[PDB]
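Entry featuring fentanyl.
Since chain A takes its numbers from the PDB entry, the residues it shows come out as 1-185. Determined by X-ray crystallography, 1.7 Å, according to the entry header. Remember, it's 1-based here, ligands and their atoms both numbered in the order they're listed. All values below were derived from every heavy atom in this structure, side-chain atoms included, with hydrogens, water molecules and symmetry-related copies excluded.
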Amino acid sequence: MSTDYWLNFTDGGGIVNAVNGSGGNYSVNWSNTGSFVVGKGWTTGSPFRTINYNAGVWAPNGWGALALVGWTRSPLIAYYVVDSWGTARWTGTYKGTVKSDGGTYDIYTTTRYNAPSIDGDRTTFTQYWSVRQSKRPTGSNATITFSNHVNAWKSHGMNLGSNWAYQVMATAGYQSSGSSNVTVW
Ligand SMILES: CCC(=O)N(c1ccccc1)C1CCN(CCc2ccccc2)CC1
Ligand SMILES: CCC(=O)N(c1ccccc1)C1CCN(CCc2ccccc2)CC1
Ligand SMILES: [Cl-]
Ligand SMILES: [K+]
Ligand SMILES: [K+]
C-alpha cells in the first residue's frame, strides 16, 4: 500500500523548508525552529501496517527526531515510534520495553493541554511513545512493524482510539536545526 499523504506543519518559528518528493520521498532542511513535523505517509493509519523507510540523509541537531507519527480520535491520542534523534532527554511516565525490528524501545506516556493538535490550537491529548534505546542506523531499508508497538502499549493499558487519522514516517522537531531526506513505502 503506497503512501498517499503529505504532512507539512510548523508553528511558524525558524525555517522549515520541506520538499514533497516523488512517491514517498521527501526532504527537509530546518533551522532555529519552533515546533514542526514533516513527512510522507498514509491518510488513514492502521495498527496492522508495516512501515518501510530509508532515511538517506539524517543530520539532526537538538530535539529533531526521525519517527513514525500519527493520531487517533475517540479518544484524541498522538503516538510516536522514535528511531533516531539529535539530542533528546526522554522523560516521563515509563511503562516497559518492546522489541521490534532489531531494536528495543522504551515505552512512555505523556499528556498535553492547551496544545496544538489535529483538532485545534488549544486541545488536550495523551501521547504514546516507543523510543529506541540506541539510535537506529540510517541509510538502508528499515521496517517498523507497528503492530508490535500497538500490542506492547495495549499490554500496559495504553489503548489507541477507534478513529485513525494520518500515519507518517516523519522528521519532527522543536528548537532544532538539521537536514533530512527520507523515502517511505
Ligand atoms: C517522552 C517524551 C519526552 O521525553 N518529552 C516530551 C513530552 C511531550 C511532548 C514532547 C516531548 C520531554 C518532556 C520533558 N521536557 C523537558 C523540557 C525542559 C527542560 C528543562 C527545563 C524546562 C523544560 C521536554 C520534552
Ligand atoms: C519537545 C519535542 C516536541 O515538542 N516535538 C517533538 C516530538 C517528537 C519528536 C520530535 C519533536 C513536537 C511535538 C508536536 N508536533 C506537532 C504536533 C501537531 C501535528 C499536527 C497538527 C498540530 C500539531 C511537532 C514536534
Ligand atoms: Cl509530531
Ligand atoms: K511530489
Ligand atoms: K528501560
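Counting all copies, fentanyl can be found at ligands 1 and 2. Here, the chain sharing the greatest number of close atom pairs with fentanyl (ligand 2) is referred to in the PDB entry as Endo-1,4-beta-xylanase A.
Under 4.0 angstrom from fentanyl (ligand 2), there are no non-hydrogen atoms of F125. Among all non-hydrogen protein atoms, the one lying nearest atom 17 (C) of fentanyl (ligand 2) is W71 CZ2, 4.2 Å. Taking every heavy atom of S35 and a limit of under 4.0 angstrom, the matching atoms of fentanyl (ligand 2) come to 12 (C), 14 (C), 15 (N), 16 (C), 24 (C), 25 (C).
Besides fentanyl (ligand 2), ligands or ions with an atom closer than 4.0 Å to that drug are found; these are ligand 1 (fentanyl), ligand 3 (chloride ion).
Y80 OH, 3.8 Å is the protein heavy atom nearest to atom 13 (C) of fentanyl (ligand 2).
Annotation for fentanyl (ligand 2): atoms under 4.0 Å from non-hydrogen atoms of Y166 are 19 (C), 20 (C). Listed by atom number, the atoms of fentanyl (ligand 2) under 4.0 Å from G173 heavy atoms are 11 (C), 25 (C). Looking at atom 1 (C) of fentanyl (ligand 2), its nearest protein heavy atom turns out to be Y174 CB, 4.0 Å. Listed by number with element, the atoms of fentanyl (ligand 2) under 4.0 angstrom from any heavy atom of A65 are 9 (C), 10 (C). Close approach to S117 involves these atoms of fentanyl (ligand 2), each under 4.0 Å from a residue heavy atom: 21 (C), 22 (C), 23 (C). The site surrounding fentanyl (ligand 2), defined by heavy atoms under 4.0 Å, contains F9, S35, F36, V37, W63, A65, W71, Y80, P116, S117, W129, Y166, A172, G173, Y174.
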